[PDB]
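A look at one PDB structure holding cladribine.
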Amino acid sequence: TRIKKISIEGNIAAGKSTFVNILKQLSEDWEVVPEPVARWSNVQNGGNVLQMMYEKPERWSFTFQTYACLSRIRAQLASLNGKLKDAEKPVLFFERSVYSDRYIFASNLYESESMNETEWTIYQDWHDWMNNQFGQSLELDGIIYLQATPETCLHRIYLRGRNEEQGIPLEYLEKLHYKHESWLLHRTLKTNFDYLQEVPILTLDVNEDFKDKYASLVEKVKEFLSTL
Amino acid sequence: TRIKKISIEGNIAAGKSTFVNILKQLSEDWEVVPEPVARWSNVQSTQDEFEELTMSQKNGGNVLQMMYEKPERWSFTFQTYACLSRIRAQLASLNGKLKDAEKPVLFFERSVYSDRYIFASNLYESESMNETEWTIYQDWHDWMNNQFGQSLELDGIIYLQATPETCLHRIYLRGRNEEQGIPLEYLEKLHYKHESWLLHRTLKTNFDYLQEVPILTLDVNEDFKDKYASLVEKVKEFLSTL
Ligand SMILES: Nc1ncnc2c1ncn2[C@@H]1O[C@H](COP(=O)(O)OP(=O)(O)O)[C@@H](O)[C@H]1O
Ligand SMILES: Nc1ncnc2c1ncn2[C@@H]1O[C@H](COP(=O)(O)OP(=O)(O)O)[C@@H](O)[C@H]1O
Ligand SMILES: Nc1nc(Cl)nc2c1ncn2[C@H]1C[C@H](O)[C@@H](CO)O1
Ligand SMILES: Nc1nc(Cl)nc2c1ncn2[C@H]1C[C@H](O)[C@@H](CO)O1
């Protein structure tokens, strides 16, 4: 629990995995808990619940959200309990968080009328329980939001070519975009987690290419980190 | 861990609650963990510290009803929750009750093992859950009783045996509306699962300590008054073997 805890956020395809695997190299002392989206595509040759979800989300959304939240808690958990353990000044970068799940993705699918009155309620009961328990270990010490405007992400979704994604509309990506602003930019979304509100947030732009601004961002961290 | 843990298994209406709620009054060292069925016919997560001052906790979905009237669609959504609320309940009673007790005993209306190996797996078996839903579910279930290891390890099982016909009847007595549609073939499918787990012991779970767990089998077919004494006597006996 000496391991500092930072979760990289921002929208679908902003540049998360990219930025963080990049920042990982800055220290023999820093590690990365990526989204286990790997699993989700071939659940164990198992089925693709992420694919499933996108196609008919009125049917599969709840089933995805709980399973998504599950796998995260579970890797985040697995990574606190080894590797780094016993190291100069350990640091752990989370591709997203249980908090992104509920209050960004989940919440949004509820508005979308894809998760109903009951599912939305079961999920939050489910999510709370799980994080009055295990998530009393994954308490965020900082958030590093990476902003990127709807239309960049829409196009980065083609740069990646994840078959289960070229169907995702702009409309979708803007909703997702609103929830990040609210929570993270303005802070105009006080959750039901008392501890969140004072926790530090460092925003970085990622709309321009890794051309002539990127390496610089790294520094916005190296210092930003040990400022506590 | 000084507290012993005893689950009460058996088909809908066999009469677990009724029985065991009577059986808890015998001793002060005995307490019972109800099965949250209430909170399944009325789904409701927790309210905001301030919201709850000016706003009630209103009536919300009855997922039990949903899981029964269109299974194909609602079972994973019922399993996930029926299992959650159960573990939460049993877990709190482990850590909140029976401190000032000599030889304490906690009874469960059903185990988390019966959720997964009877209802869920039966529902999987009559394709109301798809491979995908069934995989997910056992992933989540495996992980959870991994994350607690021994905390909820049962110390013994009381199987209450009734016939499907009896049960169907006892279903009509009790009168929960969402059960008046249940046909006989259902409780049968469910009865055989209980006989496999708890009689013939032929069923392969994922927690080995289960095979070796003592199992008391009680016939609850006959109307209550007759066999009570014998059942009460078979229980206290069984209990002083653990
Ligand atoms: N800064 C950037 N500029 C141009 N392309 C990027 C940038 N960061 C990531 N990409 C590309 O966009 C896609 C998404 O990147 P990724 O890090 O996987 O996003 P996320 O992890 O946030 O979903 C990939 O195809 C990658 O090549
Ligand atoms: N031995 C018995 N003889 C007649 N009725 C019983 C007996 N045991 C339970 N019942 C009744 O049958 C119905 C189902 O019992 P209950 O304890 O609610 O079953 P369970 O909780 O096992 O589903 C209730 O009306 C209950 O009072
Ligand atoms: N809680 C989540 N809810 C949804 Cl609907 N999707 C998620 C979630 N967490 C990660 N992803 C997925 C969506 C993108 O396709 C991919 C980008 O990282 O991750
Ligand atoms: N794990 C469970 N899966 C299903 Cl499909 N149903 C259950 C479960 N546990 C209790 N019930 C229901 C059956 C009765 O209708 C009622 C009384 O237990 O609760």
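Just so it is clear: chains get the letters A, B, ... in the order the sequence lines come, proteins before strands, and each one is counted from 1. What's counted below: heavy atoms across the whole structure, side chains too, no hydrogens, waters or symmetry copies. When a ligand or atom number is given, it counts from 1 through the structure's own listing order. This deposition comes from X-ray crystallography, 2.5 Å.
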*asked:* Curious which chain letters or ligand numbers map to cladribine here.
replied: ligands 3 and 4
*By the naming in UniProt, what macromolecule does cladribine (ligand 4) touch most in this deposit?*
Deoxycytidine kinase
_Other-chain contacts of cladribine (ligand 4), heavy atoms, cut-off 4.0 Å_ = B
_Non-hydrogen contacts within 4.0 Å of cladribine (ligand 4)_ = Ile12(B), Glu35(B), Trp40(B), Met67(B), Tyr68(B), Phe78(B), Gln79(B), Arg86(B), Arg110(B), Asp115(B), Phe119(B), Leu123(B), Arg176(B), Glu179(B), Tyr186(B)
*Which UniProt ATP-binding residues of chain B, if any, have a heavy atom under 4.0 Å from cladribine (ligand 4)?*
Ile12(B)
*Looking at atom 4 (C) of cladribine (ligand 4), what's its closest protein heavy atom, distance included?*
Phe78(B) CE2, 3.0 Å
_Looking only at protein heavy atoms, which one is nearest to atom 15 (O) of cladribine (ligand 4), and what is the separation?_
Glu179(B) OE2, 2.4 Å
*Identify, for atom 19 (O) of cladribine (ligand 4), the protein heavy atom at the shortest distance, and state residue, atom and that distance.*
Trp40(B) CZ3, 3.7 Å
*Among all protein heavy atoms, pick the one closest to atom 13 (C) of cladribine (ligand 4) and tell me residue, atom and distance.*
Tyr68(B) OH, 3.2 Å
_Just wondering: which UniProt active-site residue in chain B comes closest to cladribine (ligand 4), heavy atoms only, to the nearest 1 Å?_
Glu109(B), 6 Å
*Cross the UniProt substrate-binding annotation of chain B with the residues having a heavy atom under 4.0 Å from cladribine (ligand 4), and give the overlap.*
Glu35(B), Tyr68(B), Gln79(B), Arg110(B), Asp115(B), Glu179(B)
*Any idea which protein heavy atom is nearest atom 5 (Cl) of cladribine (ligand 4), and the distance to it?*
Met67(B) SD, 3.0 Å
*Report the nearest protein non-hydrogen atom to atom 1 (N) of cladribine (ligand 4): residue, atom name, distance rounded to 0.1 Å.*
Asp115(B) OD1, 2.5 Å
*Can you check whether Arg110(B) has an N/O within less than 3.5 Å of an N/O in cladribine (ligand 4)?*
yes
